[PDB]
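Shown next, in C-alpha cells, is the structure this report addresses.
All residue numbers given for chain A refer to the PDB entry; the residues shown span 1-162 in order. Atoms within a ligand are numbered from 1 in the order they appear, just like the ligands themselves.
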Amino acid sequence: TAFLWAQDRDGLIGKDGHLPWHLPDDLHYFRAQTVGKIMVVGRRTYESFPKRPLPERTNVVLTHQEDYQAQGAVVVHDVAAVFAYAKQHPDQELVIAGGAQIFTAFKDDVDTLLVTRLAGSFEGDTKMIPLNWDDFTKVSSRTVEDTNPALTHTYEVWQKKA
Ligand SMILES: CN(Cc1cnc2nc(N)nc(N)c2n1)c1ccc(C(=O)N[C@@H](CCC(=O)O)C(=O)O)cc1
C-alpha cells in the first residue's frame, strides 16, 4: 500500500478527470513509481490515460460496475481481490494513484504517503481528501524547480511513526 498523488498550494489534484496544469517533470517520477510494481487506478483515472492499457507494469482498475471490459488490464470490483493479487506478488507493492473514490477505499491501509506540492496556484474541482498529517513524519524531501516559477514542484515522502 502506497499513496501517490500531486496537488498545489490550493489542494486541487486534477480537473474534469484530466489535470489543469502540465508538469512533464512529475510524469517522469510517475513512470518510476509504477513500472515493476502494481498500479491501482479507478475508472475516472483509467480513462484519463491517453494510451491504454499502461504497459511496463500491471494495471488494476477498481470501480462499482460489473460490465466493464479491457484487453490487457485487470478488471476487479472487490478490495480483498486487489489485496490477494498484491499478496501473490512479493516483489511488488500496491500503489494508489486515484481517483479520490479509490483513495477512500484504501483509507485503513496506508503507511507511506507520496505527494508532490507545487507552488503555482490553479483552479479546478478535483481536490484531495482530508488526511491527518499529525500522526506522520517527513524523512525525505527533495525540492525541484522547473523552467517557470509557477511550475515548481517538491517531492515529499511522509511515513507513519509506528
Ligand atoms: C492523468 N494521470 C494520472 C496522474 C498524473 N500525475 C501524477 N503525479 C503524481 N505525483 N502522482 C500520480 N499518481 C499522478 N497520476 C497520468 C497521466 C500520464 C501518465 C503517463 O503517461 N505515464 C507514463 C509516463 C511515460 C512518459 O513520460 O512518456 C508512464 O509510463 O507511467 C500516467 C498517469
Just wondering - which macromolecule does ligand 1 hug the most here, in the naming of UniProt?
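The chief partner is Dihydrofolate reductase.
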Name which of belumosudil, mifepristone, methotrexate is found at ligand 1.
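Among those options, methotrexate.
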UniProt-listed NADP(+) binders, chain A, heavy atom within 4.0 Å of methotrexate (ligand 1)
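The UniProt NADP(+)-binding residues passing the heavy-atom test: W5, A6, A97.
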UniProt domain count leader: chain A with methotrexate (ligand 1):
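That's UniProt domain dhfr.
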Source organism for chain A according to the entry?
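The deposit names Lactobacillus casei.
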Which residues of chain A carry a UniProt substrate-binding annotation and have a heavy atom under 4.0 Å from methotrexate (ligand 1)?
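Going by UniProt and heavy atoms, it's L4, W5, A6, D26, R31, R57, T116.
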Which residues define the site around methotrexate (ligand 1) at a heavy-atom cut-off of 4.0 Å?
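Counting heavy atoms, the site comprises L4, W5, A6, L19, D26, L27, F30, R31, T34, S48, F49, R57, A97, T116.
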